[PDB]
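Report on one structure; see the data block that follows.
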Amino acid sequence: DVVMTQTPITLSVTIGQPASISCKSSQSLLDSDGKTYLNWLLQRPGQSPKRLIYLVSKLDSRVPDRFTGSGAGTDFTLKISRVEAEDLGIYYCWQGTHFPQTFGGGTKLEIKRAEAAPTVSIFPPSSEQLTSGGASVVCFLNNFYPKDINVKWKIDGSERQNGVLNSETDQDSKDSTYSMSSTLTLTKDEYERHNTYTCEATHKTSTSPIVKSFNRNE
Amino acid sequence: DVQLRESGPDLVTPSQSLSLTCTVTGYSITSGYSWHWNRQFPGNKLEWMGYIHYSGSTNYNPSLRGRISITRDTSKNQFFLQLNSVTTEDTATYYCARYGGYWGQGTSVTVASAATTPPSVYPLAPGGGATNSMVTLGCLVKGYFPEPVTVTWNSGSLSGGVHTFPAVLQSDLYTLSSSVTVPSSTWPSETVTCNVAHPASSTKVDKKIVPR
Ligand SMILES: Nc1ccc(S(=O)(=O)Nc2nccs2)cc1
Ligand SMILES: [Ca+2]
């Protein structure tokens, strides 16, 4: 297969600013018929791929002219003159000159917005769950930016590395924030041996960890 | 006005065959173009699998042995994927497609020997207090298989301040959570309920979130 390598791999851009993405092929994309079968596609979160550009620089008629493609041979570029909210997603290049057609691995465009502090909530395991022999402590960290966040759990003052599962949402279309859930799962008997459970978030919106906690005694 | 629509199973067992259907409308598959199956793996990478040409000939990616075939029913204007001997590596979103920028909505396929299993639904209610004008409640949905589950809150009348998180694997089954944020003036004085639907097991669970 013809390798298609995209750069950069992720990109954060402010609405109204330009962006550029590069695609490099392991060999020339010129077909013997003289055309160069290189396309660019966008996939918005939870949707299908959409075609932006075909034959290197032709604009799909459903797509606005803020998108332009250039290049030749093995080197190709997509440019966005001016980024809009709707341009959030993953961009892919594609070649259909050589068999089998190949796609590049994708470039993720995120919308840069103002820093936003997470709203952090902590929840004790339900009694229902405890009857299964298991216990899950749940921590929500909602509507924050930038995405990078470190969440640490403590039990009676000590960091608990294992038993933690995290899930992140994709960037929100209305306010451009991210949210995350972190879950500490223990056995009921382990859960019932300790008093203080804490979720601590490190995030650039505070100079200390953002902390929520509860005590099993109540 | 070309549209493409994939359909077929959510879940296939390892070693079995996967069969999907693409129903094409607004254009006849015998009148031109090649008609393709592609797939997207977790991690977002895309592979072309094969096509059926309008003449009826077929071409397949070398990477899929002879374990892929594509056929068609020109009377119903449908073409079909069959992938045999499937493995965990074939777990993916499958898209039918045509040149000119036309893709189906995609259909997700998991390949596992794990059994369909209905969810437990646990309520998330806060410990012993804070002042603030908004409160966050949630639901924990645990130990179901396969994807998807739907979560709504009070039958959907609460949609505004909701976050439902992508499911994660946990002991070979899925666990997700959802949170909802409402005015403290309304809870606990009014009921908030999470409604959970797991279609694979034909289950709906309502869980009321009760204080303490
Ligand atoms: N299999 C497949 C691969 C890419 C595409 S396209 O949406 O980029 N549209 C195209 N138009 C021309 C060539 S590709 C469609 C189907
Ligand atoms: Ca060729």
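Residue numbers begin at 1 in each chain, while the letters A, B, ... track the order of the sequences. Remember, it's 1-based here, ligands and their atoms both numbered in the order they're listed. According to its header, the structure was obtained by X-ray crystallography, 2.0 Å.
Against ligand 1, the chain with more heavy-atom contacts than any other is given by the PDB entry as Heavy Chain of Antigen-Binding Fragment of Monoclonal Antibody of 4C7. PDB records name the drug found at ligand 1 as sulfathiazole. By chain letter, those with a heavy atom nearer than 4.0 Å to sulfathiazole (ligand 1) are A, B. Per the PDB record, the organism listed against chain B is Mus musculus. With a 4.0 Å cut-off on non-hydrogen atoms, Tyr37(A) does not touch sulfathiazole (ligand 1) at all. What the entry calls chain A is Light Chain of Antigen-Binding Fragment of Monoclonal Antibody of 4C7. Residue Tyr54(A) does not touch sulfathiazole (ligand 1), judged by heavy-atom distances below 4.0 Å. Of all the heavy atoms of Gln101(A), the ones lying under 4.0 Å from any atom of sulfathiazole (ligand 1) belong exclusively to the side chain.
Geometrically, sulfathiazole (ligand 1) and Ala97(B) share no nitrogen or oxygen pair separated by less than 3.5 Å. At the shortest separation from atom 7 (O) of sulfathiazole (ligand 1) among protein heavy atoms lies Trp103(B) NE1, 2.9 Å.
The residue from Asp60(A), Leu38(A), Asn39(A) that puts a heavy atom closest to atom 12 (C) of sulfathiazole (ligand 1) is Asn39(A). Using a 4.0 Å heavy-atom cut-off, the binding site of sulfathiazole (ligand 1) is formed by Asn39(A), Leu41(A), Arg51(A), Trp94(A), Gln101(A), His36(B), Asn38(B), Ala97(B), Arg98(B), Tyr99(B), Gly100(B), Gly101(B), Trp103(B).
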